[PDB]
Asks: 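This structure holds paromomycin. Let me ask you some things about it.
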Amino acid sequence: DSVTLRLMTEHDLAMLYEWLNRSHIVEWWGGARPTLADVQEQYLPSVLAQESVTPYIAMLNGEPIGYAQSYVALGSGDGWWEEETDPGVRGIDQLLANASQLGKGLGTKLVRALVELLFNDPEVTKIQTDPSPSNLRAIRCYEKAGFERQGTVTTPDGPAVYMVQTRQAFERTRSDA
Ligand SMILES: CC(=O)SCCNC(=O)CCNC(=O)[C@H](O)C(C)(C)COP(=O)(O)OP(=O)(O)OC[C@H]1O[C@@H](n2cnc3c(N)ncnc32)[C@H](O)[C@@H]1OP(=O)(O)O
Ligand SMILES: NC[C@@H]1O[C@H](O[C@H]2[C@@H](O)[C@H](O[C@@H]3[C@@H](O)[C@H](N)C[C@H](N)[C@H]3O[C@H]3O[C@H](CO)[C@@H](O)[C@H](O)[C@H]3N)O[C@@H]2CO)[C@H](N)[C@@H](O)[C@@H]1O
Ligand SMILES: [Ca+2]
Ligand SMILES: [Ca+2]
């Protein structure tokens, strides 16, 4: 059915810890097999706020099915998005909790939901994402969700395929009119 997003709370941290240690997630996220204390210290919504990151839980049929986050690119940690000048740019990262639910279009639905959420903030001008060049499945998911590959950028987490979706693009693709 429909994928929706809710803010993540401190009550979700134990569940997130479990997720972040699932093998299909470890492959792409972290580098990193975080301990419970790691997840508690780093993903606490108030702590994430210090790097302009907002955490979400993705929901499907009343069940938590994934984690996502958005961030203000201009507000990111040292080394991150240092050429950015537009405070309207938001980036996203996300994961699906269940190995059995990968590759079935659920991630595309999640990304679409997150993109819509973000453009409902009228200050937001463009959404970006930075999948690993190795992560072809994530790249194709973002493409299906309306992102376009720009090129390769150097990040603190290595080279990334920089992908964007502008507000004008989102407007244009809302209808075939
Ligand atoms: C910036 C970031 O957050 S980067 C990545 C983040 N997180 C992760 O990788 C965690 C582990 N993976 C996941 O959570 C999920 O796979 C997600 C969220 C990345 C993607 O969601 P999914 O539901 O798996 O993707 P979805 O099924 O919507 O689309 C994936 C597409 O990739 C395609 N694909 C998979 N592998 C490849 C490949 N090697 N080459 C080309 N295409 C591929 C699939 O065929 C599908 O495209 P299609 O509809 O044209 O057939
Ligand atoms: N990883 C250790 C911790 O990272 C924290 O940083 C938090 C975020 O700022 C950081 O997220 C960065 C984001 O900042 C940056 N602007 C974009 C980058 N892709 C994100 O990276 C995140 O998502 C990708 C998936 O796309 C994962 O592969 C990666 O391991 C994960 N950290 O990941 C952490 C969870 O959101 C703090 N710097 C600190 O507590 C500590 O260094
Ligand atoms: Ca405002
Ligand atoms: Ca149109």
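Here the PDB entry sets the residue numbers for chain A, with the shown residues being 21-51, 54-199 in order. Header entry for method reads X-ray crystallography, 1.8 Å. Just so you know, ligand 1 is whichever comes first in the structure, and atom 1 is the first atom listed for that ligand.
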Asks: By ligand number or chain letter, where is each copy of paromomycin?
Replies: ligand 2
Asks: Give, per the PDB entry, the macromolecule that holds paromomycin with the most contacts.
Replies: AAC(6')-IB
Asks: Are any of the N or O atoms of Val75 closer than 3.5 Å to those of paromomycin?
Replies: no
Asks: Only heavy atoms count here, so choose which of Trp49, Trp103, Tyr93 is nearest to atom 27 (C) of paromomycin.
Replies: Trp49
Asks: Is the closest N or O pair between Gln91 and paromomycin shorter than 3.5 Å?
Replies: yes
Asks: In paromomycin, which numbered atoms sit nearer than 4.0 Å to a non-hydrogen atom of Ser98?
Replies: 16 (N)
Asks: What other ligands or ions are found less than 4.0 Å from paromomycin?
Replies: ligand 1 (acetyl coenzyme *A)
Asks: Please list, in number order, the atoms of paromomycin under 4.0 Å from a heavy atom of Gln64.
Replies: 1 (N), 2 (C), 3 (C), 40 (O)
Asks: Can you tell me the protein heavy atom closest to atom 32 (N) of paromomycin and the distance?
Replies: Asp179 OD2, 4.5 Å
Asks: Distance to 0.1 Å, residue and atom name: give those for the protein heavy atom nearest to atom 25 (C) of paromomycin.
Replies: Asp115 OD1, 3.5 Å
Asks: Are any of the N/O atoms in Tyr65 less than 3.5 Å from those in paromomycin?
Replies: no
Asks: Do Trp102 and paromomycin have an N or O pair less than 3.5 Å apart?
Replies: no
Asks: Among all protein heavy atoms, pick out the one at the shortest distance from atom 30 (O) of paromomycin; state its residue, atom name and that distance to 0.1 Å.
Replies: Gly50 N, 2.8 Å
Asks: Is it the case that paromomycin has an N or O less than 3.5 angstrom from some N or O of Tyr89?
Replies: no
Asks: For atom 8 (C) of paromomycin, which protein heavy atom lies nearest, and how many Å away is it?
Replies: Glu73 OE1, 3.8 Å
Asks: For paromomycin, which atoms have a heavy atom of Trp48 less than 4.0 angstrom away?
Replies: 28 (O)
Asks: Tabulate residues with any non-hydrogen atom nearer than 4.0 Å to paromomycin.
Replies: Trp48, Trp49, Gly50, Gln64, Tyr65, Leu70, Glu73, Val75, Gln91, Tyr93, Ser98, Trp102, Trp103, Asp115, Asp152, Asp179
